[PDB]
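Consider the following structure, which contains TAS-120 (bound form).
Position 1 is the first residue of the sequence; numbering continues from there. Note that ligands are numbered from 1 as they come in the structure, with each ligand's atoms numbered from 1 the same way. Recorded method is X-ray crystallography, 2.0 Å. Atoms considered below: every heavy atom in the structure, side chains included; atoms not considered: hydrogens, waters and symmetry mates.
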Amino acid sequence: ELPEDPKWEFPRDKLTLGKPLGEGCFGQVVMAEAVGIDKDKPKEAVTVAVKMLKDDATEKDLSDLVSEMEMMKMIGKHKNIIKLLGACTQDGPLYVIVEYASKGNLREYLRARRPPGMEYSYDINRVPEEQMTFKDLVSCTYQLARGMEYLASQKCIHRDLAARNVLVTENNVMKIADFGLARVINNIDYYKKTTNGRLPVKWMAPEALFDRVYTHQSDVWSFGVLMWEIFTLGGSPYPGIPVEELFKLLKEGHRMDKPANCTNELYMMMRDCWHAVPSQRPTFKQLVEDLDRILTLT
Ligand SMILES: */C=C\C(=O)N1CC[C@H](n2nc(C#Cc3cc(OC)cc(OC)c3)c3c(N)ncnc32)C1
């Protein structure tokens, strides 16, 4: 039983579901048309995305979808956070309606803009995409730092920051998404003492892996990995290294090598994000400032 939230509730008869968008990165999401959901244009039918439960959904899936919806209300509005548009919570299946990002997730967006002959390169709609420039990659990074700076200031830890969980709109705006694992924290480290092990290992800070704690500085570690993904145009981190072996390698101080499309400056930013001591990593505020400088110079 979900209590009504009138300000977010959207009528079912004004929503028309369409093609599936994929199930691998954000659960079951479908393209849809929502009549009058944009109150600036109240007559118009807007293309939206709708998250819903699969027929094989578990109790945890249901609880996770509700919690995700509530987190989106909590965090509030920002240019680089995927926007909640409404929900159908009464008298039928739970639908959460979010803004449509026509260019997919960041990993697919970057891989589609790789040069031909490179692994994972493909032409969307059998038509070649425009190449990424250096400026575009820095801009991408800047936007995501801004989004995470906002998220952290709302006292939220994401815990699953990765290119697969970033959405890209028609106007190439980066939107942080997938709040399945996100939590509101206080001022002290998030600690459970009970380990569920649902965090993607290759993006996790050592203190998350080993000490079972999470802070904003843990998200900074992940942001470093995201940076590496961006500058490798959607590369898979720790190339050729099994997830299983990374526990040992992190204890021995292993770090990824510099991407070729990366400047020495930006690689040092990555490496700073991967300081073993969390308090020695930059804050999102510092990352934004540094990236602002780099961007306005390029
Ligand atoms: C692994 C690739 C994959 O499955 N997809 C890539 C692009 C497809 N896609 N997913 C979304 C979304 C979403 C969403 C829904 C939420 O409901 C509570 C919450 C979110 O984060 C807080 C994100 C998507 C959108 N929105 N537009 C276009 N394609 C989309 C799936």
**Request:** Tell me which macromolecule has the most close contacts with TAS-120 (bound form), using the naming in the PDB entry.
**Result:** Fibroblast growth factor receptor 2
**Message:** Hmm, which UniProt domain of chain A ends up with most residues touching TAS-120 (bound form), do you think?
**Reply:** Protein kinase
**Request:** Please state whether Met69 comes within less than 4.0 angstrom of TAS-120 (bound form), counting heavy atoms only.
**Result:** no
**Request:** Give a yes/no verdict on whether any heavy atom in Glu99 is under 4.0 Å from an atom of TAS-120 (bound form).
**Result:** yes
**Structural part of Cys25 in contact with TAS-120 (bound form), heavy atom criterion under 4.0 angstrom** = both
**Message:** Taking 4.0 angstrom as the limit and counting only heavy atoms of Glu23, give me the atoms of TAS-120 (bound form) inside it, by number and element.
**Reply:** 4 (O)
**Message:** I'm curious whether the model shows a covalent bond from TAS-120 (bound form); which residue and atom, if any?
**Reply:** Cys25 SG
**Request:** Just jot down the TAS-120 (bound form) atoms closer than 4.0 angstrom to any heavy atom of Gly22, in number order.
**Result:** 4 (O)
**Message:** Could you check which residue UniProt calls active site in chain A sits nearest to TAS-120 (bound form), and how many Å separate the closest heavy atoms?
**Reply:** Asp160, 10 Å
**Prompt:** How close does the nearest protein non-hydrogen atom get to atom 19 (C) of TAS-120 (bound form), and which residue and atom is it?
**Reply:** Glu68 OE2, 3.5 Å
**Prompt:** Any heavy atom of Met72 sitting closer than 4.0 Å to TAS-120 (bound form)?
**Reply:** yes
**Item:** Heavy-atom proximity to TAS-120 (bound form) under 4.0 Å: UniProt ATP-binding residues of chain A
**Value:** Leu21, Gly22, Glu23, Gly24, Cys25, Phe26, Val29, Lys51, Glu99, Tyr100, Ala101, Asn105
**Species of chain A according to the entry** = Homo sapiens
**Residues within 4.0 Å of TAS-120 (bound form) (heavy atoms)** = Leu21, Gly22, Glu23, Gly24, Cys25, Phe26, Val29, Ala49, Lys51, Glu68, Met72, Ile82, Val96, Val98, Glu99, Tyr100, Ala101, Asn105, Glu108, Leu167, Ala177, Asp178, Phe179
